[PDB]
Trainee: 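Please read through the structure below; I'll follow up with questions.
Chain naming here is simple, since letters A, B, ... match the order of the sequence lines and numbering starts at 1 in each. Method on record in the header is X-ray crystallography, 1.9 Å. Indexing begins at 1, ligand by ligand and atom by atom, following the structure's order.
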Amino acid sequence: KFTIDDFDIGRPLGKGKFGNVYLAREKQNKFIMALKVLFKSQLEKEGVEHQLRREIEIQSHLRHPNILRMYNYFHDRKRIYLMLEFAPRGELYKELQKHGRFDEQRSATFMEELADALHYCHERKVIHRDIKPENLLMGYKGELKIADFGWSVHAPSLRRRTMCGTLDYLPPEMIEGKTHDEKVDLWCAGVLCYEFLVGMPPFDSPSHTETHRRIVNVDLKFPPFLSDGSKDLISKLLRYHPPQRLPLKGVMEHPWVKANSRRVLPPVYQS
Amino acid sequence: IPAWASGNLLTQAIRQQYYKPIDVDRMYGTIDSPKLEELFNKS
Ligand SMILES: Cc1cc(Nc2cc(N3CCN(C)CC3)nc(Sc3ccc(NC(=O)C4CC4)cc3)n2)[nH]n1
């Protein structure tokens, strides 16, 4: 098992509510990763122990080029340490804010990567439930990495009831108090594509009840600068009825995605 | 901040890692992990 002394600590990458993330180098392989450090007493006081256990259980069993890898984890007297893949280009949300909006090539590439990662999850009956820019990181070549699994669930048989995620990204079925399934991630993917291309989510409103109202009416108003292809894809994802939403394989196969994505798979080991 | 964790020393190491990926499954995924049950218990 690992110990904190097995790592050179480089610098803090981000502050957290329960502990910081550090750029770290594993000493024996001189391998650069991120170390998320969590305080045991703070987690216990806040009563989020089973919550954290669930996030670790899900993320540590996922292996996909577009999902941030959790290599392993360890603990000592006071701290829990998560050994995470380092995403050299950082937060996707920072990049979106910096540019205002992404061009079609950038957005289509992200969408292919997202759809592939989400397909991998759904194949395993994992629903993410909180796809938004803030939960995505970027790799060495700008590849999307799903980073955060805080609202995620393994749902093999039972439909779900928990209202979760983020206001602007909530699907109609969550707002209306219906049961939901994996198709919530299809909805969020459509909101994400819109936000990528426009720089604001589609149902943006001054109040939570107006936002709710716009979502359940699917009050989608496309800006004039969007291509027909991008609107086609967004429209096919943002369907009121979950069963009518374009499947993830359908996103990957969509002609706008095919025509615009410049997705590159990272090099793999390497026998 | 140590030398390795900034500038082009970092850039260089990061590039090398992308193009020459190690066997993380073997190197890290095979190494023992604490039981999730034990994570809030004695270390
Ligand atoms: C965990 C992680 C983070 C990274 N990469 C980075 C990289 C980064 N950078 C600073 C800004 N430059 C322009 C790019 C590099 N800043 C952060 S700040 C930050 C901190 C934490 C998280 N993510 C999480 O804690 C996920 C696990 C829930 C994302 C970004 N994270 N690799 N792995």
Trainee: Mind telling me what drug shows up at ligand 1?
Mentor: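 PDB records call it tozasertib.
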Trainee: Write down the name, per the PDB entry, of the macromolecule bound to tozasertib with the most contacts.
Mentor: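 The chain with most contacts is aurora kinase B-A.
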Trainee: State which other chains have a heavy atom under 4.0 Å from an atom of tozasertib.
Mentor: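 Under 4.0 Å by non-hydrogen atoms: A.
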Trainee: Hi! What's sitting within 4.0 Å of tozasertib if we only look at heavy atoms?
Mentor: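 On a heavy-atom basis, the binding site is A:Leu13, A:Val21, A:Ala34, A:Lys36, A:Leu84, A:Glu85, A:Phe86, A:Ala87, A:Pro88, A:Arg89, A:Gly90, A:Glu91, A:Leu137, A:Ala147, A:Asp148.
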Trainee: N/O to N/O below 3.5 Å, does that happen between A:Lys36 and tozasertib?
Mentor: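 In this structure, A:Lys36 places an N or O atom under 3.5 Å from an N or O of tozasertib.
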Trainee: Starting from atom 26 (C) of tozasertib, locate the nearest protein heavy atom and write down its residue, its atom name and how far away it is, to 0.1 Å.
Mentor: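 Here the closest protein heavy atom is A:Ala147 O, 3.5 Å.
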Trainee: Name the closest protein heavy atom to atom 8 (C) of tozasertib, giving the residue it belongs to and the distance to 0.1 Å.
Mentor: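 Result: A:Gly90 CA, 3.8 Å.
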Trainee: Measure from atom 28 (C) of tozasertib to the protein's non-hydrogen atoms and state whether any distance is below 4.0 Å.
Mentor: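 For atom 28 (C) of tozasertib the answer is yes, since some protein heavy atom falls inside 4.0 Å.
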Trainee: Relative to the heavy atoms of A:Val21, which atoms of tozasertib are at a distance of less than 4.0 Å?
Mentor: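 Those of tozasertib that fall under 4.0 Å from A:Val21 are 1 (C), 21 (C), 25 (O).
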Trainee: Give the UniProt-annotated ATP-binding residues in chain A that lie under 4.0 Å from tozasertib by heavy-atom distance.
Mentor: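 A heavy atom under 4.0 Å occurs in these UniProt residues: A:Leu13, A:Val21, A:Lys36.
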Trainee: Relative to the heavy atoms of A:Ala34, which atoms of tozasertib are at a distance of less than 4.0 Å?
Mentor: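 What qualifies from tozasertib is 2 (C), 33 (N).
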Trainee: Provide the UniProt domain of chain A home to most residues in contact with tozasertib.
Mentor: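 The majority fall within the UniProt domain Protein kinase.
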Trainee: A:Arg89 heavy atoms, cut-off 4.0 Å: which tozasertib atoms fall inside?
Mentor: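 What qualifies from tozasertib is 14 (C).
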Trainee: What protein heavy atom lies closest to atom 18 (S) of tozasertib? Include the residue and the distance to one decimal.
Mentor: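 Checked against all protein heavy atoms, atom 18 (S) of tozasertib sits closest to A:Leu13 O, 3.1 Å.
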Trainee: Given the protein's heavy atoms, is any one of them under 4.0 Å from atom 21 (C) of tozasertib?
Mentor: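 So far as the 4.0 Å threshold goes, atom 21 (C) of tozasertib is in reach of a protein heavy atom.
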Trainee: Nearest to atom 19 (C) of tozasertib, what protein heavy atom do you find, and at what distance?
Mentor: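 Going by distance alone, atom 19 (C) of tozasertib is nearest to A:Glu91 OE2, 3.5 Å.
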Trainee: Which residue in chain A annotated by UniProt as active site is closest in heavy-atom terms to tozasertib, and at how many Å (rounded)?
Mentor: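 Nearest UniProt active-site residue and heavy-atom distance: A:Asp130, 10 Å.
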Trainee: Looking only at protein heavy atoms, identify the closest one to atom 23 (N) of tozasertib and say how far it is in Å.
Mentor: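 The closest heavy atom on the protein side is A:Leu137 CD1, 4.2 Å.
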Trainee: Judging by distance only, is a nitrogen or oxygen of A:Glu85 under 3.5 angstrom from one on tozasertib?
Mentor: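 Among all N and O atoms of A:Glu85, at least one is under 3.5 Å from an N or O of tozasertib.
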Trainee: Considering only the protein, which heavy-atom contact is closest to atom 14 (C) of tozasertib, and what is its distance?
Mentor: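 Nearest protein contact, heavy atoms only, for atom 14 (C) of tozasertib is A:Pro88 O, 3.3 Å.
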Trainee: Counting both backbone and side chain atoms, is some N or O of A:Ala87 under 3.5 Å from an N or O of tozasertib?
Mentor: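 The answer is yes, given that A:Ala87 and tozasertib share an N or O pair closer than 3.5 Å.
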Trainee: Around atom 11 (C) of tozasertib, find the nearest protein heavy atom and jot down its residue, atom name and distance.
Mentor: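 Nearest neighbour among protein heavy atoms for atom 11 (C) of tozasertib, to 0.1 Å: A:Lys94 NZ, 4.9 Å.
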Trainee: Which of the numbered atoms in tozasertib are below 4.0 angstrom from a heavy atom of A:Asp148?
Mentor: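 Answer, ordered by atom number: 28 (C).
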